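Written below as structure tokens is the structure these notes are about.
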Amino acid sequence: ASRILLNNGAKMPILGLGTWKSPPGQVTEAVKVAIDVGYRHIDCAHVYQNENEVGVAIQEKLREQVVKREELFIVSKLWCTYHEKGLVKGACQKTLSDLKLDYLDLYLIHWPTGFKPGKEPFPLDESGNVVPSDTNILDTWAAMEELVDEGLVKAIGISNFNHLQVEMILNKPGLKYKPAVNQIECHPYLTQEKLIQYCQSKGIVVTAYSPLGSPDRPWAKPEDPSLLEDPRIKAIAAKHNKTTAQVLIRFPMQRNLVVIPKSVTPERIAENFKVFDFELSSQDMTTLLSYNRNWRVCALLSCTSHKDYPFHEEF
Ligand SMILES: NC(=O)c1ccc[n+]([C@@H]2O[C@H](COP(=O)([O-])OP(=O)(O)OC[C@H]3O[C@@H](n4cnc5c(N)ncnc54)[C@H](OP(=O)(O)O)[C@@H]3O)[C@@H](O)[C@H]2O)c1
Ligand SMILES: O=C(O)Cc1nn(Cc2nc3cc(C(F)(F)F)ccc3s2)c(=O)c2ccccc12
């Protein structure tokens, strides 16, 4: 099926469009093309500095009568510098304003780490370290809950949380809403078997980000592994007369994950959606899981001393 049931009763499309590193000069057209070829889920964030332009595209296609708001599933995330209770509603309302929406379908705590409040999204000290804020995960969760109760968002969730951090929330006395989603990096080099098992056993939906290995990530090194260029995956793709990207997108769908590949190239936006017409075999799946190397695209070294850094724990 094309959508997965969340803990709030709403249905979430399992295939969505990613928007990190989509420039404002091209993301409006990306989203318009996306909606035209069938995407209904768009993954956004204030830190991506392009929510206005995403909002332009959504607004235009509503006006064109291509889709209705109820048909769309729009996600954004609360950035690290806004974890203070008194800053959360404002941050959410900035996102809604920019996206020209009156609600979000899902709002995530982007990272478990709070950063020093201010205009700078990555506040560093003079020696390179991120400057933390004195906020904690549960106070931030409480403030996210408030957004549901005010109707600004229909569901809340988390992202880049390890299983101990998820459990902190689950075990919160007087919890109001359980997280609906944990969005994490996931691809054949970082297969996340244990955290996926944990989350699914708790009734939390997992979204896989960077499913193509984020080749456009700004800190890529020539020597890094390259998923789209892996000859082993290319051979699985050839067998199915599909591209490597289609295989990489289909792989998490068959693990009962949501997946959010990013592109601003119209041909690829279309190509990437054409993944509901074939199945990977049991052997394909096994083979792709075997490529795990615990290799993360997303893990800023300047944050490794933060008290809440998520990736010291095994999972
Ligand atoms: N929660 C978080 O912390 C977090 C972190 C990272 C990412 N995410 C979300 O997940 C999304 C996906 O991750 P990502 O942007 O890191 O990377 P990704 O989706 O793994 O890879 C995107 C890269 O692949 C290229 N690409 C797309 N389709 C292709 C195809 N069919 N053939 C060849 N190349 C193709 C894109 O190029 P073009 O765009 O130039 O076509 C871009 O360079 C993000 O955009 C964001 O929405 C969330
Ligand atoms: O955020 C995205 O969606 C993409 C993303 N990822 N990263 C790598 C990061 N690694 C982190 C690690 C922590 C940590 F929790 F681990 F401390 C906290 C925050 C971050 S940002 C970035 O540096 C970044 C910069 C601008 C826009 C998007 C991103």
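To match the PDB entry, the residue numbers of chain A are left as they are there, and the shown ones run 1-315. Only this structure's heavy atoms are used, side chains among them; waters, hydrogens and symmetry mates stay out. So this one's X-ray crystallography, 1.6 Å, going by the header. In each ligand, atom 1 is the first atom listed, and ligand 1 is the first ligand listed.
- Choosing among dapagliflozin, latanoprost acid, prazosin, alpelisib, zopolrestat, one finds at ligand 2 the drug zopolrestat.
- Ranked by contacts, the top partner of zopolrestat (the one with most) is named in UniProt as Aldo-keto reductase family 1 member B1.
- Among all non-hydrogen protein atoms, the one lying nearest atom 5 (C) of zopolrestat is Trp20 CZ2, 3.6 Å.
- Taking atom 26 (C) of zopolrestat as the reference point, the nearest protein heavy-atom neighbour is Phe122 CE1, 3.8 Å.
- UniProt lists residues of chain A as binding substrate; of these, a heavy atom under 4.0 Å from zopolrestat occurs in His110.
- The N/O atoms of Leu300, backbone and side chain alike, include one that comes under 3.5 Å of an N/O atom in zopolrestat.
- Residue contacts with zopolrestat: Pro310 is included, with a non-hydrogen atom under 4.0 Å away.
- Proximity annotation for atom 7 (N) of zopolrestat: of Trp111, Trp79, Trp219, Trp219 comes nearest, heavy atoms only.
- Organism of origin for chain A, per the PDB: Homo sapiens.
- Apart from zopolrestat, the ligands and ions with atoms under 4.0 Å away are ligand 1 (NADP nicotinamide-adenine-dinucleotide phosphate).
- In chain A, the UniProt-annotated active-site residue lying closest to zopolrestat, at the minimum heavy-atom distance rounded to 1 Å, is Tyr48, 3 Å.
- Of the heavy atoms in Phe161, none comes closer than 4.0 Å to zopolrestat.
- Regarding atom 6 (N) of zopolrestat, its nearest protein heavy-atom neighbour is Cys298 SG, 3.5 Å.
- Contact annotation: for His110 versus zopolrestat, heavy atoms closer than 4.0 Å belong to the side chain alone.
- The atoms of zopolrestat that sit less than 4.0 Å from any heavy atom of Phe115 are 18 (C), 19 (C).
- Zopolrestat lies out of reach of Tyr209, whose nearest heavy atom is not under 4.0 Å from it.
- For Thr113, the closest heavy-atom approach to zopolrestat falls below 4.0 Å.
- A heavy atom under 4.0 Å from zopolrestat is present in the following residues that UniProt lists as binding NADP(+) in chain A: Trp219.
- The heavy-atom binding site of zopolrestat at 4.0 Å consists of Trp20, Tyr48, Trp79, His110, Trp111, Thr113, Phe115, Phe122, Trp219, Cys298, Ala299, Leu300, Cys303, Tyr309, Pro310.
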